[PDB]
Amino acid sequence: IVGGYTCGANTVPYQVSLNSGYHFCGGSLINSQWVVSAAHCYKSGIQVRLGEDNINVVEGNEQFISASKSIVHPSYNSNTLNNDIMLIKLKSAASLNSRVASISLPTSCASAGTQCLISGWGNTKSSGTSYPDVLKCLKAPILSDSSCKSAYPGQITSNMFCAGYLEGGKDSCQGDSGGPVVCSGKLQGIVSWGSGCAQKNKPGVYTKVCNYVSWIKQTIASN
Ligand SMILES: N=C(N)c1ccc(OCCCCCOc2ccc(C(=N)N)cc2)cc1
Ligand SMILES: [Ca+2]
């Protein structure tokens, strides 16, 4: 997260860190045994780390639970990142508490201008690299589809939306991938892609979760 702020320990209790020996992606806990992340976060041997703030320090609120199953979206296209969404089932149910909480799925999409909370342990530098140990947060509005598609001509699908600031300076970044974009208490976005980070006219691109709710619920119900 570039241009964001320290969330504060466990203030984003649905934020998970996906770990395969190191943090490599965010995810969002959607119920006690399911995390949603970006399909581009897919790998085998994922451990989901719940209740994290400092991902480098055991602070006492963590639950580390291995993934039992990863389900990448049937239509995920890694070339275009269309349908950049994946479900990860936990081997055992997270113990839900103040610090480890699920985030509700949308029952509909969100409008441009809606303010969202984007969070993650991704790079905090627009130029160069600095990875935070504590969770970073960014409030960002959903951008118009036109501004999104203008920013990334030929690349934005109905399954993506942009959020952030065309002026630059505030964005998600690498390492935030798969993490949540929560707007009005709903997971509306997943950190998916963009160009650089927090660059002018290159806003973050997010998986449009509202398109996937049926798939998510059906998949979870059947798995
Ligand atoms: N659309 C495409 N064909 C495409 C775009 C990027 C990409 O790259 C590797 C996978 C994405 C890895 C995560 O990369 C980012 C980059 C920028 C931001 C941001 N600035 N918000 C957040 C995450 C692959 C395909
Ligand atoms: Ca920790």
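Start at 1 with the first residue, then count along the sequence. All ligand and atom numbering here is 1-based and tracks the order in the structure.
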Name of drug found at ligand 1: pentamidine
Main partner chain, pentamidine, name from UniProt: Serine protease 1
Entry organism field for chain A: Bos taurus
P203, portion touching pentamidine at heavy-atom distance under 4.0 Å: neither
UniProt domain (most residues in contact with pentamidine) of chain A: Peptidase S1
Proximity to pentamidine by part of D176, non-hydrogen separation under 4.0 Å: neither
UniProt active site of chain A: closest residue to pentamidine, heavy-atom distance: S177, 3 Å
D171 contact mode with pentamidine (heavy-atom cut-off under 4.0 Å): side chain
For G204, atoms of pentamidine separated by under 4.0 Å from a heavy atom: 21 (N)
Proximal atoms of pentamidine relative to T80 (non-hydrogen, under 4.0 Å): 1 (N), 2 (C), 3 (N)
Overlap: UniProt substrate-binding residues in chain A and residues with a heavy atom under 4.0 Å from pentamidine: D171, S172, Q174, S177
Binding site of pentamidine, heavy atoms under 4.0 Å: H40, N79, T80, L81, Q155, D171, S172, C173, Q174, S177, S192, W193, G194, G196, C197, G204
Show the short N or O contacts, below 3.5 Å, that pentamidine makes with protein N or O atoms; if there are none, say 'none'.
from        : atom 1 : to   : atom 2 : distance (Å)
pentamidine : 3 (N)  : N79  : O      : 3.0
pentamidine : 20 (N) : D171 : OD2    : 2.7
pentamidine : 20 (N) : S172 : O      : 3.2
pentamidine : 20 (N) : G196 : O      : 2.8
pentamidine : 21 (N) : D171 : OD1    : 2.8
pentamidine : 21 (N) : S172 : O      : 3.1
pentamidine : 21 (N) : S172 : OG     : 2.8

